[PDB]
J.: 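Complex: CR6261 : Hemagglutinin, Envelope glycoprotein, Fibritin fusion protein.
Numbered from 1 within each chain, the chains take letters A, B, ... in sequence-line order. According to its header, the structure was obtained by X-ray crystallography, 4.3 Å. Worth knowing before you read on, the calculation uses all heavy atoms, side chains too, and leaves out hydrogens, waters and symmetry mates.
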Amino acid sequence: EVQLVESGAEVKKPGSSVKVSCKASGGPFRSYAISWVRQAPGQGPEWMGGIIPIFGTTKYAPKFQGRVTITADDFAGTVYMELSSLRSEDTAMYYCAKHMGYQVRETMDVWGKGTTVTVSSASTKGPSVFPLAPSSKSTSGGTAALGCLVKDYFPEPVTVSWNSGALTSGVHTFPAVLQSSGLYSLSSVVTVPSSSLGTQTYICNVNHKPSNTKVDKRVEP
Amino acid sequence: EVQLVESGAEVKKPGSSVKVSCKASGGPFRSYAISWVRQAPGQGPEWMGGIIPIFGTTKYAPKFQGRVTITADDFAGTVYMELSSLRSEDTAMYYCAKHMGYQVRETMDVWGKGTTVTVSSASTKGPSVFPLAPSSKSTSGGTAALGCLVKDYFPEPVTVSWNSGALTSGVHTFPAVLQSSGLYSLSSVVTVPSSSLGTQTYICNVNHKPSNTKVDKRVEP
Amino acid sequence: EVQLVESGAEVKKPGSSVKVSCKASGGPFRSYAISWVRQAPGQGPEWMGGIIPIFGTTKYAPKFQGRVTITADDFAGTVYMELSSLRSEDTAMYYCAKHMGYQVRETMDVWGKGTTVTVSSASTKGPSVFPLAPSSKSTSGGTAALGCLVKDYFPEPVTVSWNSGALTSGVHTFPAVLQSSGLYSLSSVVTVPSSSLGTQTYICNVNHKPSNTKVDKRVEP
Amino acid sequence: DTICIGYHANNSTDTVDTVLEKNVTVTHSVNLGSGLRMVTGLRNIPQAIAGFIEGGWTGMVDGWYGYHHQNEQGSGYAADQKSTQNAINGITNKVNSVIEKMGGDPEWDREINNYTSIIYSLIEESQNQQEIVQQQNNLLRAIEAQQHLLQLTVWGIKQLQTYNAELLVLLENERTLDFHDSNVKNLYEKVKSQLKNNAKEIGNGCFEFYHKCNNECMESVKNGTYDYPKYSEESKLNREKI
Amino acid sequence: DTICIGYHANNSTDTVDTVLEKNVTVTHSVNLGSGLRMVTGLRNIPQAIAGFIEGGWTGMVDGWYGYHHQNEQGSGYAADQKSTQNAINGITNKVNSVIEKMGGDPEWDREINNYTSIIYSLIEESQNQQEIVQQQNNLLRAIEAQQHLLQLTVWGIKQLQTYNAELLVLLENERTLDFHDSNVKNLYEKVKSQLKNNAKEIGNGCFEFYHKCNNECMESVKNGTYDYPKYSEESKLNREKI
Amino acid sequence: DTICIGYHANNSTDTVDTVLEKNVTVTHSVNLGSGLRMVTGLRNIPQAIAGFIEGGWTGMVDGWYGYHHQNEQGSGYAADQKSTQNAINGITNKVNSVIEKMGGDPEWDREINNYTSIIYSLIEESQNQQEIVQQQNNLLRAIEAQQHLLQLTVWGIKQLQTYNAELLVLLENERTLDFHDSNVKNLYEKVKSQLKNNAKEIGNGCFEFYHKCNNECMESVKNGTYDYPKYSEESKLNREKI
Amino acid sequence: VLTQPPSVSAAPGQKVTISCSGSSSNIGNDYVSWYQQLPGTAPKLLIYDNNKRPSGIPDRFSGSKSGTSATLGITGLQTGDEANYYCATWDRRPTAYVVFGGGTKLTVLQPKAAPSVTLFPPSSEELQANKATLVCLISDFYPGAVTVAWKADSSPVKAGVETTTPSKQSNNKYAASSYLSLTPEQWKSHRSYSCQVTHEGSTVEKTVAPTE
Amino acid sequence: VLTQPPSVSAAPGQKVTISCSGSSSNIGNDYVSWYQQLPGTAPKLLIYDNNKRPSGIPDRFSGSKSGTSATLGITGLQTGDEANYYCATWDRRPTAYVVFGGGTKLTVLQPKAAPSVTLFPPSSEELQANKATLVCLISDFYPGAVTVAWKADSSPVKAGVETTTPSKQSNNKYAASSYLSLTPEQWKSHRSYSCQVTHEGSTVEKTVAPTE
Amino acid sequence: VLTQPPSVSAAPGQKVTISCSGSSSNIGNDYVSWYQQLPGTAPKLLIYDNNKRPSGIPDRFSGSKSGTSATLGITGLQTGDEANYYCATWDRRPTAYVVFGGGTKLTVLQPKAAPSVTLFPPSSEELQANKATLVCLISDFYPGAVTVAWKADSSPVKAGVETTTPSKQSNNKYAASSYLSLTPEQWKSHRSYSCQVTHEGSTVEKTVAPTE
């Protein structure tokens, strides 16, 4: 069946524009319509608009009617969605989805995987890495928890491994939180026995490619 | 004009089948019908069947209607005749012959040369070569006759030369006879003067390729 | 716009024939008619005939109607004019000229440059070169005239330079005259100061390529 | 009350070429890359609400093939979504093959140019090491010249494929333009079939009902559920009323 | 008594392609080798004994073009042997040319491959003797690679001939399908000519006699010896009888 | 008094081929060089002065498209110079393109043969100096053989262009034959337009005037200045007189 | 907008229905589609045209539409069916557009897992950089719904709090993090802070003091 | 089957006709063809459509058909015309099929050549292999029709005899062979055997005895 | 043939008209074209269809046709307009053919330049070859029309004279040559010969004697 591939994640400022593409496999010309459907966290999907093959007619949801433009490159087997006058609530996952016929309707049978667009007034900043030391308030007779706090970075994502890749079993990296500053922060914890604590050496390896910073930090009682 | 070439001689057992081909020059597609006409020795011709170009319709003589199949390979410019349930009286010379139009009728203007099919219950056997000595009952004052008897071979043909090819003028090789055993036998005689008889040395060179035997035999009084 | 190129000058005898060609640029096929127009010296033009594209129809002026033949090679983008039974008054400049449409009419918008045909009873002869000496009857206090007389040659043209090419400023070569013998004659004069006369050396270099003769002649008082 | 069968026309100035015909204005075309333009839409021919005999409905924007009704409740254009999409589905798969089929030109090419690639690298070998010996001079000169003769020759395939490209378009443009004319007529016949004598044929692509056919009646004609016996009689007197 | 002009239809599911039309079912086709199928027969269209306007006679098996009579003595199909064979004769000679003309592809080829043959033999030379010297290494490597560039290039001719092959078929399929339509009509006209007003034109490919025409009369119409004055009168009253 | 629209026919036995049709006799053709013949004129079909429905006027020699009048003053053929020349202008520019377009075959060629030229000169090098050493023997032998493989290959372009040449002709012959049929009909329509009901349509390409139209009246119809109201009435009674 | 139940619940093998209430302009006269969305995945088409199934969809799912309301039914319920379910149709009324339902989180009624809670105080390097962040990490709980409440000494504090939505871990339980951003002075100002997790009517609470 | 005369005869320059009698279903209502066959050759078309000649056929041959009978005529008769002649037509009656006539051997009435006869006894190597074959060879006779009769001492023997059909030699006369297969005991049992050739009312006879 | 004025005259800026009188068969019912011809150039199309201008032709030229007569008009006259002007049309009457007018030499009325005259006697090598040619060369005159008259001693001689038509030089004036062919005896027979050029009512005359 048809596979829908969408362009990479986008970060934009309020008032700016973003243009996302979707490429349909096979073709390149399509014999069905394609729509753009968005989902803000953690809400229900919203239909934005669609485009008809051959006719190139577009229909848009009235909420976006005015600042969305759906175009098609039929030879490239590629359609585009351009949303202007971005607001912070335009931060969402955006899906391309094909319909069964040439007509835009409630039935979308195949979906793109979604790409993320983030709209914020901040810029790209590397994080700071702090140790979450074990201590005694974390020793419930047997095991002991320790980790790292990756504070104030932008944008997502960030990569956290332990001992340069050795420690895996018993490692949890929590999903980030989004502060009011428009900046991210997460935690990564590894669960290990009480006895190895002072003997064993544990290091987290944080990687935030957007700002090109690699930090390695030891964690000790 | 069109030349009709037919496949090689066939030897078959009773109850078995044989398939003969005929290739028309030019073409390969034909704009006329082709029939298969057979002749047993020494009888009148018998029409067996034919095939129409394009339509591929076949009509068969009622005598063969049932065990003959006429097919055509138009791209190969080749038609085929397959006669099954062979009997000994199916031994004959088989001709392919084209008609003037697409319709099988009494008028066949061009003929293939015929190929022989022999139906017998015997197998392939090399002959025995015996000398037919001159003597005095063969000397009518002046000349003297001597030859070779090629006995009990199958199938035809057989090659008889004299002195490895030297003697030709005054050499007669009789057509074979067909015994009741399903086996052939012939004679080859060379006519030579009375005086050279004891002085001159005469050797016949028999060659029966089907069983791969070459025999050379001297003939002396 | 279309450029009309015509074949080289022709010299013919009375009673003989001549065939001139004209090649139209672009094409080669034409979407307009072409006519042949001739001009004897020094008279008004005469329309001779023309040919229509595709139809190949020809119309001829009644004066030439009978001994002119207009043919076309459409692939060569070339038309031809053949005038037979030549008379001396057939000596003229002949122009090919295209019309605006396929129809021969008084409007010819583009013209060939013309090629010369000369009809005379004479043959090809090299000239004789005589000096026209300065003297005192040619010295009007200050300057003095001297030249060369190129007598009895055929056909045109002839090339006259001075001092192998050095003298140019103050050199006049008169157009030829045509005697009753069917032969040409011209003069070339160079205007030079009185004082340099005996000191300076002046030589004319006549070149008549048709008969392959180059003559150089000094001119002295 | 009357129903018409028709098709789409618009402000397109796109022209393609068939074989027997050139500069044919179509509503929807597609531009391949080498002056090749394939028709996707149909002949652009914009015109008492006439049918399809002498008319492309500019007022019809919802599709390619469809109807224009007129009854008591009102009038308006309405595209047959099923028909239009089958046409679009079929033509799309065709246009794609053309893009997809010509994709043998590169597949096979990928080799002549990993090989072209290997040679002028091998040629730059000999140019740098050449800094008996001049027997190798005109030797290399012979090969470099054979490399050009080789590329001109490979390019002969580009030249000779130009013309593959050019005819395929002209021909597929006719199979296409014909294909539309087909679907259009089929829709008319499908309607003519149901109506039978309950409606008069005007001959302009429209049917004049002998009985008043409301919007529901129209939909029934559209979705192929027209009840002939239901209105049979009232058409029957009406035919004889006159 | 009535005579009809018609043609052959059968259980053939063979489809060829013209240019304007695809998947056209024909009664007799022929399979070249490269997906190329040339029509030999005609459009397969099987249907009160109708004529040829909307009918291919499946009941007619003796040929391509022919008549279906109906008189007092009985009725039945009968193929015109002359007409059918002229069609077959002409089409055959054409189909052959296609097989024969494409036979320039090998004639010319026989050389590039006695030469291809000579080269990789000359290449196996140098591979076996190579068991200054490595100047001959990348030398041979250069030529072997040029051998592939050479074969790809020759194969470009195969690629570019594919399309020679493909169009010739589609076109000859139309000249053929047209050719049949010709012969069929000609037979009808030849009959319409003789009958004149002695018979009524039904418009379905059949002629309704105004006079009873027995089997002999039918043969006379078939072999072009119909005596118009002979039946003239009895048709003449019959036209006015009604 | 009657006027007819018609066209030219002559003693031409020139035949070209379209795609659907072969051996079509035309009045004016043109012979390219490779068995390619493009029609320039039109279908040669020589016939109470009939129109153009079943007739090419052999008696009309002043052009391609034109009229044959008949009034009180007399009758005669007269070619429409404007129409004929537009046809000739258009067809000429087309025929030229064919000659001009195929002129890419040599432009590109000029190189493969200044290069072919350079090679067999380089080959005659090595043949004259060859009067280790026989490693250069089968070396040269390898290249000379690659020169033939190279020319066969370049000639493959000639072979594969043959067919470029062959189809372009057949196709342009139809666009042309169609183009004539167009201009002819247009002239008839232009006349039918002016006359309206002042003249009767015979249906054979001729118009029977209901009013006597002298030579001047005819010219007015020719140069598009026919005064309908002027003769309106006298045609009007004449239509009702009968 | 279409109205869905926020959530609906049942056990394995058991059955459940998700309703979709609309109006005459949408559901009333258009076809209804249903979509399933697992975490981290695109919506996948479950039902179209009121009750049709795409291939790949088993007869355990089925749909119905009645007037202005539509219904999704899921029998033989399984663990993998735990997802969000949205209905969808065509709303002709405004300017014509596709409208989705608010969404229904389905819960397949698993062994309740009491949550494990870990609390870290500000690191000394963080206090040295003039910031202070308490980190409360909650893992391995089911069902995945918890509330978090902070305490200054004994009295609650609501300012400076950032909590994540609970997310399903790798081992099919849920996880959540909570961060309290303070000044180092506020941090040293108090005696201890408490992170209080309430899961399924039970209470877990950890405590920390300014390195004592 | 069509009925032809078995044989017909005439001299050079002279004329001869070959008849073909059929019935209403074949000859009665179909066209008749004629074919010529030399020894060792395929039938060659002489006449078709009752009386037409293919190119290559001279006006010395001609055909006629009358009702149920047809006729081949050959004037200016030559030596090369000696062959077998078959008529042919279409027999619609049974299931429709082409039928040929039985055939007519034409004899151009040459100098009679009396036959030469050679008789060999069994070779000693053949008797040593427990077999015995007498060989009677007849050559250079015209016309080409002979009968062969064997003799045990004086009384005829008909068992063990194999005779060939006479075949035309290279020099335009005819040849034939005849073999008598005996046991070596039968061979030594008798006093002598005789081979007796009868050609044109004349008799030639050779004799052999068990190496005397 | 159409009748044109042989010549017409005017000055710079001034205006002039060239007439073309024909008959009913030519000018009367056909279109008229005009052509300009400079020395040594092909005719160039000035007017067609009575009064139309090809591109490249300025509004200083214009044409008119009235019945059987036609007219070319040239205003703002310049130096470059000095040429020959021919009218042209279609003469249907005979057999249909294009006919041209006799031609009109236009003269733009330049500073009159009195002619310079040079006379050479026969060279001694020419007399040595038994011939005698007097050469009178005239250059730098305007307007370009001169008559030439020879004199034997005092009485004119008209036999043996060859004069060219005056041709415009490079410097926009005119030139001409005149040759008197005599026998060496006639040459030595007289006392002197004179070449007499008459230009614009003025007379220049040079004299030569048999090397005195």
J.: In what form does the model contain CR6261: which ligands or which chains?
T.: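 Copies included, the answer is chains A, B, C, G, H and I.
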J.: Using a heavy-atom cut-off of 4.5 Å (strictly under), which other chains touch CR6261 (chains C and I)?
T.: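 Heavy-atom contacts come from F.
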J.: Of the chains that make up CR6261 (chains C and I), which one forms the largest number of heavy-atom pairs closer than 4.5 Å to chain F?
T.: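 By non-hydrogen atom pairs, the answer is chain C.
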J.: In the PDB entry, what is the name of chain C?
T.: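 The entry calls it CR6261 antibody heavy chain.
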